[PDB]
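One structure is given below, encoded as structure tokens.
Below, chain A is the first sequence line, B the second, and so on; all start at residue 1. This entry, so its header tells us, was determined using X-ray crystallography, 2.7 Å. When a ligand or atom number is given, it counts from 1 through the structure's own listing order. Displayed portion only: the contact tally does not extend beyond what is shown. Atoms considered below: every heavy atom in the structure, side chains included; atoms not considered: hydrogens, waters and symmetry mates.
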Amino acid sequence: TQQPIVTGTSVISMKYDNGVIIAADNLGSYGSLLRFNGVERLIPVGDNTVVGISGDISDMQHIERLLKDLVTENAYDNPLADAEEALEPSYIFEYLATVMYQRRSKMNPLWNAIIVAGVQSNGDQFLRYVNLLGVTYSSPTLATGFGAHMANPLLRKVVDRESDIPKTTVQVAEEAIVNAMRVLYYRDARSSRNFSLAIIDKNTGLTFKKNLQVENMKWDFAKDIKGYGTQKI
Amino acid sequence: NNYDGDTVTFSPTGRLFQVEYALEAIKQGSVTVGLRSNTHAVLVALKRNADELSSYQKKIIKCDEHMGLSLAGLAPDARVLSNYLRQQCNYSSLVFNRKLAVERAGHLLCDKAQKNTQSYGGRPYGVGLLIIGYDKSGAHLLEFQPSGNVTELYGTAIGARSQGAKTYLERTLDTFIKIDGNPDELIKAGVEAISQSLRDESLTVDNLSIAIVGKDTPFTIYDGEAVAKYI
Amino acid sequence: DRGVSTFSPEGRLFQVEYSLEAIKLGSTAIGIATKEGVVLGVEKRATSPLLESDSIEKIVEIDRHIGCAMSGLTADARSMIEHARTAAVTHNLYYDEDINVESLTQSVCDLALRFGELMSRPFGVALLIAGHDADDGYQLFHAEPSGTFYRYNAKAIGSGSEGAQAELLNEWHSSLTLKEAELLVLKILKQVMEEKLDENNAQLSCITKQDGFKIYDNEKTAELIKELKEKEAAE
Amino acid sequence: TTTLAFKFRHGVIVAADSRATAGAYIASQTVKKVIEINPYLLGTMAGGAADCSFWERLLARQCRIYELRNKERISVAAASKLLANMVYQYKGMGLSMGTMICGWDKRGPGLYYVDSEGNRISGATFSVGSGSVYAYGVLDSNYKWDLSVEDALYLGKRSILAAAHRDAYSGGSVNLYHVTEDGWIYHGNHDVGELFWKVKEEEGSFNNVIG
Amino acid sequence: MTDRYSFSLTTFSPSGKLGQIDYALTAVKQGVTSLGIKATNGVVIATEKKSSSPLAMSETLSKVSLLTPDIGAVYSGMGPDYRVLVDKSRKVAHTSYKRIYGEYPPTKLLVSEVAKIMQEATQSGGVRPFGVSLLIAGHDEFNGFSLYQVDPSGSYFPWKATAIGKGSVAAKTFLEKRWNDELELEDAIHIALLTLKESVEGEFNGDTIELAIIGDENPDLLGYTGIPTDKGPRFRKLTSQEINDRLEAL
Amino acid sequence: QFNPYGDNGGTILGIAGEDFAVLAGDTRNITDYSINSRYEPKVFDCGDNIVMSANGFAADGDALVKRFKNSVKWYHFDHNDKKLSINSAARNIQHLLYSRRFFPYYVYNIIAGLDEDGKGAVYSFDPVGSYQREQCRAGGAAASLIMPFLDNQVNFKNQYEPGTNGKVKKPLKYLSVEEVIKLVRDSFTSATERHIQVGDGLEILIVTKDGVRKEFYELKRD
Amino acid sequence: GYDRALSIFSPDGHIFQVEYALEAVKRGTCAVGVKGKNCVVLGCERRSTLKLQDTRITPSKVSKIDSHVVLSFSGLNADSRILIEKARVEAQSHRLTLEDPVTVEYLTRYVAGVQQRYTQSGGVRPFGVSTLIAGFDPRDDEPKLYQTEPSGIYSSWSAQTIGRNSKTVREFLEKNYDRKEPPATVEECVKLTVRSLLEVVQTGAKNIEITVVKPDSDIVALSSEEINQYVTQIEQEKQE
Amino acid sequence: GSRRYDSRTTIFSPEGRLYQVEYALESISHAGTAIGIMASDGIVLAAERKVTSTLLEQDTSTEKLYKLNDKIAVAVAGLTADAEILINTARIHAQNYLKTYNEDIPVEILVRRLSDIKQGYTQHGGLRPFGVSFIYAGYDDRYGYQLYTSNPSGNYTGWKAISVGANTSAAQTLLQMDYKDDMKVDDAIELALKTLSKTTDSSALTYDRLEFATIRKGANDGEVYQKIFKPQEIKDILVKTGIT
Ligand SMILES: *[B]([O])([O])[C]([C][C]([C])[C])[N]C(=O)[C]([C]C1=[C][C]=[C][C]=[C]1)[N]C(=O)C1=[C]N=[C][C]=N1
Ligand SMILES: [Mg+2]
């Protein structure tokens with residue numbers, strides 16, 4: 001049993017017709033202090049998987065090392081390591097899910113919420129969640145922390161059920177994710193303007209975008225707001 | 001001679017006699033054949049009886065839905081090694097949601113057998129195994145020796161009089177490899193291969209044991225009247 | 001000296017082969033499987049007339065549906081029986097059912113090769129495990145110290161085994177009744193035994209689906225011996 | 001829960017209700033709280049269903065290997081003692097069991113009370129569970145050694161009914177057993193709803209209730 | 001790996017002999033001569049510093065060792081075995097006595113502990129006996145001055161005077177003629193030097209001889225003042241110069 | 001302080017027929033007042049004509065099912081591909097549950113299939129292994145909403161025959177699979193109305209001698 | 001730990017260490033057991049090579065395992081103490097867990113199991129001891145007499161002897177003991193036990209020990225004079 | 001591996017003897033003779049030190065006679081180092097018993113415990129046995145004065161008079177001749193010294209070659225006193241009995 005110290009906030013994601021999108025801001029908070037501004041919380045595994053992590057950053061860095069070691073170990077005595085016997089999103093997820101549940105069962109958890117996004121060998125989209133309790137679930141849209149409360153409602157307006165996935169393009173899906181990140185910057189007190197975004201497509205592969213910023217923000221209406229009720233000046 | 005008392009002792013010519021004696025137990029064992037195409041992989045085994053009142057000792061063991069083996073030598077040692085394979089196949093599924101690659105299954109058996117050849121007190125395994133399976137890179141056939149040596153092959157045979165079946169497969173190499181999408185013809189080639197190792201006795205209904213795995217075929221064993229079709 | 005788990009140049013474990021020689025010195029035990037049941041019979045072989053023969057326990061219950069006869073160093077069989085009984089009852093605990101005869105035999109045979117430098121040597125006793133289950137019906141198994149087990153229609157182990165097995169070769173057929181099997185075991189036991197066969201120096205038992213495993217009374221066996229004598233004198 | 005058992009001239013009667021509760025919610029009304037250890041041995045369940053079920057089924061397996069080893073049926077005293085020693089290892093760990101071990105052995109009919117606290121008591125009459133307090137009134141007032149099997153079966157049935165009526169956590173149905181030297185005999189499942197009205201009419205009892 | 005020698009390497013032969021102990025005693029016989037003499041007001045222990053090479057600094061190799069402030073030791077036989085026994089002897093004096101009773105052990109009980117360690121090497125699995133005989137001189141309040149010999153078997157005997165190693169038979173005869181119960185410490189040192197000269201071939205001086213005494217308390221060697229009851233160690237190693245001074249009056 | 005347990009909501013329902021059995025459960029997964037998934041399967045085909053659902057804490061439910069599927073696999077290996085009967089599976093599951101008596105699987109488990117006589121069978125489990133065979137059983141969040149309805153409409157409780165006035169009960173006539181599925185759908189539709197953790201979808205697994213069949217029905221998404 | 005396999009098979013199928021343990025039993029002093037109609041008598045030889053012995057304190061040959069069961073032996077004396085201690089511990093453990101004293105058959109089965117365990121365990125040698133275990137089961141009047149040996153086999157006997165010259169006394173018992181009519185009284189049973197030892201013992205003075213066990217935990221050891229009266233009567237009848 | 005070098009200390013010979021026990025007894029037969037004699041009013045322990053030297057410090061020396069507690073003492077024959085291991089274990093056992101039951105340990109119970117330890121080294125562990133034979137002299141309120149012996153086999157027996165070590169055959173014959181049941185301590189003292197004087201391999205029996213001890217109720221009223229004799233006291237008793 002511990003408490004989280006340096007933390008990362010929401011990770012958000014969704015499926016679209018040819019793949020998946022995932023995003024997360026670049027902040028490492030220390031309670032109410034916005035301490036570390038250059039923290040990458042999306043970690044690619046090969047060219048077909050991206051693991052997005054929220055929660056304790058020290059435990060994130062530990063998981064990041066486990067994944068790096070997993071790739072090394074998979075290549076051992078494996079001539080098809082870059083082909084048929086490469087790591088799949090489903091393999092990577094089940095491994096983490098196994099680790100998370102085992103750690104909670106020893107009353108010493110990895111204080112994280114994780115979303116594994118990727119595309120399988122057969123072109124199928126993979127998107128599944130796991131957390132410190134070992135709880136797992138899958139949905140067309142997935143989000144952690146505040147994203148669950150604010151992002152999911154917006155992303156579910158695009159993909160409300162399974163049948164909406166083929167009807168959703170990459171441009172529409174990215175637009176929805178970027179909008180959600182803006183909303184989280186308006187409303188989450190432990191968020192940052194700077195974020196990373198990753199697209200895993202079955203045709204165009206893995207596209208990893210860094211140093212993105214929330215833009216097209218609405219603040220001008222603030223000038224007209226005066227006092228808390230009766231004040232006019 | 002003076003260097004065969006235990007597994008921990010090299011001979012003056014660099015030989016390990018206890019391992020060689022374990023290898024001898026395989027040659028005493030009943031014949032078993034393995035062969036594959038690009039779509040399927042087949043095991044054929046000649047079972048042995050104690051007498052006319054006795055049953056015919058089982059030769060083939062299932063390890064997973066996509067993998068299994070045939071044995072020749074000490075049957076209990078095959079039970080130990082197959083139990084290990086069952087666990088490893090199972091660890092791969094539970095932890096990684098991943099079917100164990102046949103090549104990696106061979107590497108694990110090699111390493112398990114090796115530990116018994118370098119340490120004092122223990123003994124080498126006294127059995128040879130032919131592992132077949134269908135994984136993400138297609139059909140596979142492996143040969144396991146208790147020295148630790150594992151080899152991927154198109155076809156092979158181990159046990160008594162296995163040289164006859166091995167020569168046949170070496171001639172038929174170009175033919176049986178092309179038998180794709182036809183399980184019965186691939187088994188026929190295996191039954192014809194094991195027939196080259198027979199003397200005096202012939203293939204009867206409770207004598208023959210066949211197993212197959214493939215693209216849309218789980219590892220299944222055929223015994224009794226199920227193999228009368230191929231006699 | 002030399003390792004306990006050492007292979008011979010022929011590819012056999014010395015200790016396993018030597019334990020098989022000890023089993024050849026043991027008293028005779030015979031098993032016959034039929035569609036009406038499996039019969040088990042043993043030679044008691046008391047070393048002295050003062051020895052109370054009814055205390056000689058070479059036929060043993062493992063469960064209601066599984067029996068067991070032994071031959072060789074019979075003291076070694078006690079821990080095997082104990083394991084078998086535990087395995088049978090434990091499976092009933094975990095699965096609310098009777099355990100398959102083959103599965104029980106496999107569990108006993110797993111102990112066999114657990115020796116090295118675990119126990120210090122192989123078992124010096126062979127077992128005839130007879131029983132019934134719903135899947136494979138009436139069954140008879142021969143469990144060796146090699147860890148190998150063969151199923152048999154009929155089998156003899158002990159000192160008069162090869163002579164008895166040849167006799168079982170000719171006499172057994174798939175339509176044998178239980179009564180015919182009882183007399184057949186008595187006949188072959190009488191043939192290979194040193195002393196004259198009676199109810200006190202030989203013991204019968206059977207396993208049926210209805211009544212389960214039963215060791216025969218000396219009064220019941222005595223009648224089967226008298227029935228045997230008369231039918232041999234009939235021609 | 002209401003369970004009872006008592007020794008008498010012609011063996012031992014064993015009776016129990018069938019209600020399982022989860023707070024105020026009635027989870028089940030078809031619970032077998034009498035356990036068949038062996039054809040000459042019974043065990044009752046009260047408190048933790050999981051605990052009582054597991055340890056008494058593990059007992060039955062202990063009692064069975066005893067029979068194979070010793071060519072003899074285990075005594076009620078020895079069986080009760082194995083259970084008591086088993087649960088004593090986990091004392092303070094949170095086990096919740098209130099059981100009776102009922103049977104007939106060489107010493108005649110036998111009845112032992114065993115719980116997770118560590119008590120193991122031999123007695124002619126027991127009742128355990130939340131509704132035991134109601135059952136004891138009917139038992140103590142009508143219990144004799146010279147009881148017929150018919151009257152004894154009714155007494156155990158009537159005693160459960162008394163508790164099922166008053167105790168909110170007891171009810172559903174009554175399971176009856178009679179243990180003889182030739183083994184236990186099951187005497188059926190009796191719905192309390194139907195049984196209550198029947199007893200009310202035939203006996204005249206429960207006048208305060210309208211029917 | 002694992003130490004798989006869990007069986008005894010020293011066993012009884014048909015004649016009743018414990019071979020390895022006898023062979024250890026043979027190794028002691030080959031060793032350089034060392035001796036001990038007990039006086040009325042002290043004890044002396046002495047040996048030859050057999051230098052393996054003239055380039056070797058023999059001062060760095062100490063054959064005579066302090067075990068406690070009032071107990072010293074010398075040996076004959078295998079040097080490395082002696083060195084580890086001294087390490088263990090120093091430690092056991094603390095762990096099995098000083099940390100319990102708050103004072104240093106009496107000579108006989110420290111000897112008893114060393115003896116035990118040597119006996120165990122004679123019976124325990126996968127070890128050979130120690131190839132040394134020890135001479136342990138010491139003083140304690142209630143037993144006074146004492147001198148003990150300890151053999152590879154673990155057996156120990158108290159001596160008025162004795163010798164072990166190369167020329168022990170001749171040296172013990174020499175000591176029998178010279179020893180009496182009225183000897184002062186200086187007389188014992190003189191006899192020790194006379195006895196030791198007979199077994200030495202080459203150079204015989206303070207640089208080739210190692211000699212120490214158990215005698216009066218040395219407050220100058222204590223290292224601190226302020227506690228009346230602490231009066232300093234009775235063990236003292238004689239210097240090269242101090243030995244040479246007594247070789248002129250020899 | 002770290003709490004190793006959670007509540008993922010969900011509700012399940014098992015009904016045993018004369019020669020069939022159904023195991024139904026909603027597809028909604030939740031934490032607190034949030035929805036995790038509108039379609040997260042909760043009832044599984046475990047092999048040997050046995051279906052299973054472990055409702056409550058999803059992580060413990062997934063582990064138990066995973067372990068039972070594993071137990072079935074090894075039962076085939078160890079006992080010559082013998083079919084695991086429903087009564088044998090039930091007893092095995094108790095021992096899986098009680099192996100964690102002092103750190104329980106926080107789930108309410110139900111399995112369904114056919115007994116060895118071919119009749120429909122449902123077994124119900126508490127978190128620590130107490131089990132029993134039942135004809136009708138709901139488990140999980142809205143269990144208390146559904147069970148009283150099933151007592152009335154499956155076992156005809158408190159129902160008597162008109163004209164007799166409480167003297168003669170309504171006879172226990174058997175139900176068909178089509179009649180049972182109607183009761184299942186009405187149970188979940190009613191539970192959806194009054195329980196916030198119930199909704200989104202309903203997946204039913206029907207077991208017969210022919211095998212395991214599935215049926216899916218939408219539920220309200222509010 | 002010392003794991004060496006000392007008890008192993010030889011080419012002819014013999015475990016020599018177990019067979020050499022029987023030779024230690026052959027060297028041991030003679031012990032005899034005879035069961036009558038309502039009693040069991042245990043006779044034991046005392047070798048008269050050892051005089052100046054204190055017979056008060058010297059370990060007696062017959063040991064009580066419980067109030068109703070006794071154990072005598074032949075072979076290594078030190079080994080027998082280990083089996084007796086284990087048997088005594090088990091006897092109390094049985095009373096403690098099952099609330100009944102051990103049956104004679106159960107106690108024998110335990111001791112025999114211990115002996116067997118030492119024939120296939122690493123780092124240990126077999127017990128050089130054979131035992132005679134006698135007594136009466138709780139609430140039973142049927143006499144019980146069992147024998148064990150180093151290999152671990154055990155069996156029930158109407159009458160039996162073990163130790164040195166046991167071949168001779170067994171010969172005597174086989175012709176003198178009638179199964180249809182066993183020693184009806186204590187006198188007849190003791191007399192037959194003393195007679196059997198007189199075939200081997202030498203002098204009938206302090207060389208013969210006798211212990212009578214009767215039902216319901218009635219165990220007593222005869223004195224020198226009481227035994228000497230049997231020795232006197234036997235030889236006076238023999239002079240004819 | 002290591003098997004090659006294992007002597008196998010715990011095995012039977014074809015004749016059913018324990019090799020190492022027999023060879024340990026052979027060792028003990030060369031050790032100095034120790035004698036124990038039990039009288040009605042006490043026990044005597046006498047023992048011969050092995051070929052001593054004039055330069056041996058006798059008054060502070062102890063190789064034969066050891067104190068286990070206030071009521072029990074032992075005479076040693078064999079390897080002294082091996083004996084001290086066992087002696088310390090026996091001292092601890094006596095104190096354990098006293099702590100547990102608040103009563104002094106009965107003699108036989110202490111003897112059985114030590115003998116069981118010796119037995120263990122002959123049956124398991126693969127180690128050589130202790131090359132030691134003890135004579136136990138002790139008193140308790142159950143059996144009174146008691147003499148026991150134990151040897152490397154772990155077998156123990158009770159005695160009126162007994163010898164261990166060298167020349168036991170000769171010594172036992174002499175004791176068997178002159179011993180009587182109504183004997184007293186002063187007479188037993190004389191018998192012990194006379195027996196040693198005749199069986200000794202030395203030219204003459206002197207004070208410096210002996211260890212001597214008595215256990216007497218010759219303590220003021222109902223209690224027992226152990227007397228380990230000093231060199232001068234052994235010299236006086238040698239003159240008194242008329243040996244020197
Ligand atoms: B009885 O009331 O003791 C009863 C006996 C049990 C064997 C079914 N116990 C319960 O009903 C308990 C709760 C309880 C109520 C009153 C006293 C003590 C305990 N409930 C359960 O065991 C249970 C099991 N599974 C589901 C729900 N409840
Ligand atoms: Mg709803």
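The largest share of close contacts with ligand 1 comes from the chain named in UniProt as Proteasome subunit beta type-5. The drug located at ligand 1 is named bortezomib (bound form).
By chain letter, the other chains having a heavy atom closer than 4.0 Å to bortezomib (bound form) are D, F. Other-chain residues and nucleotides with a heavy atom under 4.0 Å from bortezomib (bound form) are D:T1, D:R19, D:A20, D:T21, D:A22, D:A27, D:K33, D:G47, D:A49, D:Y169, F:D126. Heavy-atom distances to 1 Å put the closest UniProt active-site residue of chain D relative to bortezomib (bound form) at D:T1, 1 Å. Intersecting the UniProt bortezomib-binding annotation for chain D with heavy-atom proximity to bortezomib (bound form) (under 4.0 Å) gives D:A49. The structure places a covalent bond from bortezomib (bound form) onto D:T1 OG1.
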